[PDB]
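A look at one PDB structure holding sulbactam (bound form).
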Protein chains: 4
Amino acid sequence: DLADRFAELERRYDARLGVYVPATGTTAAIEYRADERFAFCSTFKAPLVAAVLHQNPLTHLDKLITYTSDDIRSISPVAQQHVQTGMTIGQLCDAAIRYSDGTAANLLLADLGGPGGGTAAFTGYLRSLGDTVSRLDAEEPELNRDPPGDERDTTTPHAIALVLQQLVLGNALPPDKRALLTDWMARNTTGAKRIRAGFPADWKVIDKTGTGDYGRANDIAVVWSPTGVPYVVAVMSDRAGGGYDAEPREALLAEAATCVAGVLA
Amino acid sequence: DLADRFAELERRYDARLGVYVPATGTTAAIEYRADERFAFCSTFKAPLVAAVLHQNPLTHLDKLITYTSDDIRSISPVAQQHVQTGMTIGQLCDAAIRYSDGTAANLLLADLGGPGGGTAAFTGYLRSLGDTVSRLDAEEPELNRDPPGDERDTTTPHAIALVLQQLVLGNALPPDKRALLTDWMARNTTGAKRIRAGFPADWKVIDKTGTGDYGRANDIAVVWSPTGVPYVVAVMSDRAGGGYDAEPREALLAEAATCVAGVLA
Amino acid sequence: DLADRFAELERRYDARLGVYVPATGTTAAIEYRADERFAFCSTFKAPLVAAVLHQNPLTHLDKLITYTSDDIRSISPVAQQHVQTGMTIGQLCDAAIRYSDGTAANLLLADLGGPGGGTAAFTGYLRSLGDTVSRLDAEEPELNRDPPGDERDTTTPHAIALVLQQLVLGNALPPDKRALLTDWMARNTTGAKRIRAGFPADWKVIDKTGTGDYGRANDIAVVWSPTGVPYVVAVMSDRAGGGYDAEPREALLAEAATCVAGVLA
Amino acid sequence: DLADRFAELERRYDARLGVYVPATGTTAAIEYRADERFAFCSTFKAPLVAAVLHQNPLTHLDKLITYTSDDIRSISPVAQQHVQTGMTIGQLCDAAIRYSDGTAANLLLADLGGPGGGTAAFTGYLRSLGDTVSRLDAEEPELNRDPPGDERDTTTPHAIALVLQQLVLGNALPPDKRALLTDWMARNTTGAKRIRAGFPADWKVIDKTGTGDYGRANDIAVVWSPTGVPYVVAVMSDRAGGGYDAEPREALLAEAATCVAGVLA
Ligand SMILES: *C(=O)/C=C/N[C@@H](C(=O)O)C(C)(C)S(=O)O
Ligand SMILES: *C(=O)/C=C/N[C@@H](C(=O)O)C(C)(C)S(=O)O
C-alpha cells in the first residue's frame, strides 16, 4: 500500500523510481520496481573498493600508483590534485567513495586487472557474492551515459541492496577490512540531499551516491535506528524519457526515503 | 494502513497513543484516538500566552509582576531566578513557552483573572476559538497529576490541534501578535527528543511539550515541509496502567512523528 | 603588538577582554589582561567534572542521583527532563559540560560534599592543581551575578588556562578518565559562535563556555593545528560598566580568536 | 610585524611566498614580495573568462565550439567528456574556472583570437585594466613549466590582486556579466585546501587556484568578513632551488591566509 505513494511521487517528479529494502528479522521487504534495471552510475564504486579489499592484503593499500594527465577523463576532485605525487591504493579507495572520484575508480578497476580494464573482473566479483543480475561493461565516464533500454552498466535495487548487505552487515569481508569500507561510506560527502535528507537526524546513515545523464540519481545506503537496528535502503531513479540532458531530481530520493522511514519506525 | 502502526507502537511502549493531524487542502486527516481525552499537562501554556496577547495591548507585555518565594510551586527554572527583581508579562510569556516554567504559567493565569485563579477565563478563551471539549480546572502543578478517567485538565488531540491551527496558521491573532507566539515556540528548548526528533531536519518544527505523571508525554507542533507546506501535528500519550509513577516514553512520540512524516511526504 | 588589536576590539565592542594562551615548546605566551579577574560563569563546570572524576572510580559514574522539582533553580535543559527518573553521575557530567546544565552542576558539587554544598571542596581541588587565584563561593545561579569588582566566583585567564592544560594535555587525570572529559568537551553544543567560530575548520576545538549578567562571556578551549600541535586559549569578557542587563557580545570572542589563530599559524 | 611570520613560513616550507591584500578604506595594504613575479599558472583563467564576457554579448555564450581529441593537451576533466558533442562558450567558461580545465582555457584563448592563439589579445585586455606588469605568452600546458627567472607567463601578487578587485568589486564588467564570473568562482572545486582552508568558515571565499612545476601554487581570492566587508587576497608561492620536480605545498597558502585573517579581524 506504500506503492501508491511511490507511484504518486513518480508522477510528481516525471521520473521512474526503484526502491528495495531487504527484509529483516522483524519487518518485511519493501519493493518498488525492485527487479527493474537501473544504471549503476557511481554506486558501483562501493563494491569496487570491497573487491580490491577482498583480493589483497591490508598492506596492498600502501602501494603507490602514478598516473598521467591523460588519465583524468572524468570529474576527479582528488586525483586531479595529485598527478605529480601519485596516490596510494588506499587514498584511491578513500577518493572513489567519499568524493565519487571518477579517475580513482578507473585506476582501482585497473588494479583488479583483466579484460576490459577490470570490468569483467568486477562483474565476476559481484557473481561470487551471489549477484546474478548486475554487470559493468565500461569505465568512467562512459558508463553513466548508456542509452535507456540498454542493459549495460546496470544493476537492480534488489541486487545491489543484497550486495551492500553482505559487505557491511554480512561476512563477505573480514572485520578489519569491513571497518574500512564502513568508515569511508560514513564520511561520504556527496549524499547530504538524498537518503540522508529523508531520514531523521538520530538515524545513522552511510551511503554511496550515483548520478548520470537521463536524470539518473541513485543512493544505496545502510541506516541504523536510534535503538540500533540496521536496514539497507536502495533507491534508484532516472528520467530517461526526458532525454539525455534531463536534470536529476534529488528531492525524489529524499522524499522516498522519508516514506521508507515511516514504515521502518 | 497507518492505524496498525500506531497500535503497534502502543503495544511496544506499553502506552496509549493519541494522534491528530488536521486535514489540509492536499492531504487527508490523520486520526488515532483523536477524540479521546488526554491531559493538557504543559501544552496549555501555548494557548495561555495567546490568551494574554488577545485580551491585552502589546504594551501590556512591559507590565512588571512581582512574586514571593511562596509562589514558586512547580518546575520554575526562570521564575526562581527573579524572585527579588520580578518579571514582566513578556518574560513570563517567554519563560512559560520556551522553558515550560510552571510559576510563569500560574502568574499568566492570574493575569487572565477571575475564578479558580484564571482557569475559568482560560477555558472561556478556549470556547471562543470553537473548542467546547477542553477544560482547565487546576493550576500548576496539580493539573499534571489528575487520576486517569477524570475529565479535569484534559484536552484531545483533535481539540488541541485545531486550536493551534487557528493560533499559528489562522486569524485568531493579529499578525504582530501572531509572530511573538511563533518565535517563542520556534526557539523552544524542551522538545528536542519528541516530534522534532521524528521529522527530517529540513522540516521546520515549532512545538510546545507537556509532561506529567502516569507516563504522560505530549507534543503539539506546527511543521513545514521542505517546500513550505504547513501541517499541524498533535501527539499525546500516557501510561495509566503502569500507575502513578510510570515513566514517560519520549521515544514513542518521536516514533509516531516519523510515521506521520512518511505519510505527509 | 597583538595587544593593539585587542584594545581596538575592546573599544569597538564596549567591553573588557581577557586573553591567555600558555607558551608551548616552540611559541611564546599570549597575554592580555591575563592576570585580571573575570567571573567564572559556567567555565567552572569543566574542572568540576574533572574534580569528580579524580575523586572517584569509574564505576561511580553509574550511581543514580535523584532530585526534586525544587532543585531546578536555573537553566537545566537536561535535568528538567529527568526529574521523575533521576540521572546518573555520568549523565550529570555530560549535561553540565555539553549543555551547561545548571542543576547538573549543583548536584555534581554536592557529590564532592563539604561546606557550601561543595564549593570549598572545588576550590581545594583547584589548589591541588597549583591554582592559587581562583575561587568558587556560590552555586548556580548566584555565581553568575556577582557585582563587578567582587572577587567571589572569579578566576583569571592565566589561572584557568593552566588548569585546563593539566586536565587535557597534562597528567592531572589517568588516560581513561582524561579521554572522558575530552570527549564531552569535544561534543559541546553551547560554543559554536565563540572560539570555534574564530578558528579555521581544519583546526580541532574543544571548549567550555561561560555566560552571565554584566555582559559576561567566556570561552576556555584547547585547540589543535592541522598538523597536531595543541594550544590552550582562555578568552573572557564582560561589559560591567554597561550595567547588570548588558548583553554579552559573542562576536568579540570569535574575533579575538581569529587574532590568536593568525599568531599561532 | 607580519612580515616576520611570512619569512618564517618561507623557512619552514622551503618556498618563496608572495602575498598582497589591497588596502581598503579601513585597513592598510598587506605586502610580501608583492611586486615580485610569480607564474600565473591557472589563475589567468579567472581574468580570461572576464575577457570573453567583456567584449562579447550574453548570446555569445551559447555559441557551440567543436574540437578534436588532438586538442586535449592538459588536465581537462570536462573537455574530455564532450569531444563528440562539443561545448559552448558558457560551458567552457564554467569548466575553465570551477575545474581549472586546461583545454577549456585554450579554447577560450582562441576565442579571443589573434597572435599566439589569443595570448596577445589577453595581455592586451589586462593592460586595459591598468596591469602593465603581467603577460601571458604560452598556452596550456606550456605556461605552467617556464624556468624560474623567466618573465614569460608571469604576474605579481600586486598586479593580480587589483585586476581581480576591479573584476569582482569594481566596474570592469556590467552587473549581469559580473555575477556570472562571481558565481563560477564561488562554486569552485579546486581550492578547498588553500585560502578557503585558512579563513574561518563564517567568511565567504571565492577563488581561482593555480598549480605548476617548480612547486608553484597560487590562490587569488575575494573574501567577505562575517559583517560584509570584502577584501582581495593574492597568495602565490613556488619552490625554485628545489628543482623542476619540487612538490607544491598547499599548507603554506592556508597558513599564510590564516595570518592575513588575524590582521583583518
Ligand atoms: C559515477 O559514476 C558518477 C559521477 N557523476 C557526476 C560526477 O560527480 O562526476 C557527473 C554527473 C558529473 S558524471 O556522469 O561524471
Ligand atoms: C554559565 O555560564 C551559565 C549560564 N546559563 C544560564 C543560567 O541559568 O545560569 C543563563 C544563560 C540564564 S545565565 O547567564 O545565568
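Chain A corresponds to the first sequence line; subsequent lines are lettered B, C, and so forth. Numbering, chain A: per the PDB entry, residues 29-293 in sequence. Here chain B follows the PDB entry, giving residues 29-293 in order. Throughout, chain C uses the PDB entry numbering, with the displayed residues spanning 29-293 in order. Per the PDB entry, chain D residues shown: 29-293, in order. First listed ligand is number 1; within each ligand, the first listed atom is number 1. Hydrogens, waters and symmetry mates are skipped; everything else that's a heavy atom, side chains included, is used.
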Location of sulbactam (bound form)
ligands 1 and 2
In this deposited structure, which macromolecule lies in greatest contact with sulbactam (bound form, ligand 2), as labelled in the PDB entry?
Beta-lactamase
Any idea which other chains have a non-hydrogen atom closer than 4.0 Å to sulbactam (bound form, ligand 2)?
B, C
Covalent anchor of sulbactam (bound form, ligand 2)
C/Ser70 OG
Can you pull the source organism for chain C from the entry for me?
Mycobacterium tuberculosis
I'm curious which residues sit within 4.0 Å of sulbactam (bound form, ligand 2), going by heavy atoms - can you tell me?
B/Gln109, C/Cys69, C/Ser70, C/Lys73, C/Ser102, C/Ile103, C/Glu168, C/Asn172, C/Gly238, C/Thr239, C/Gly240
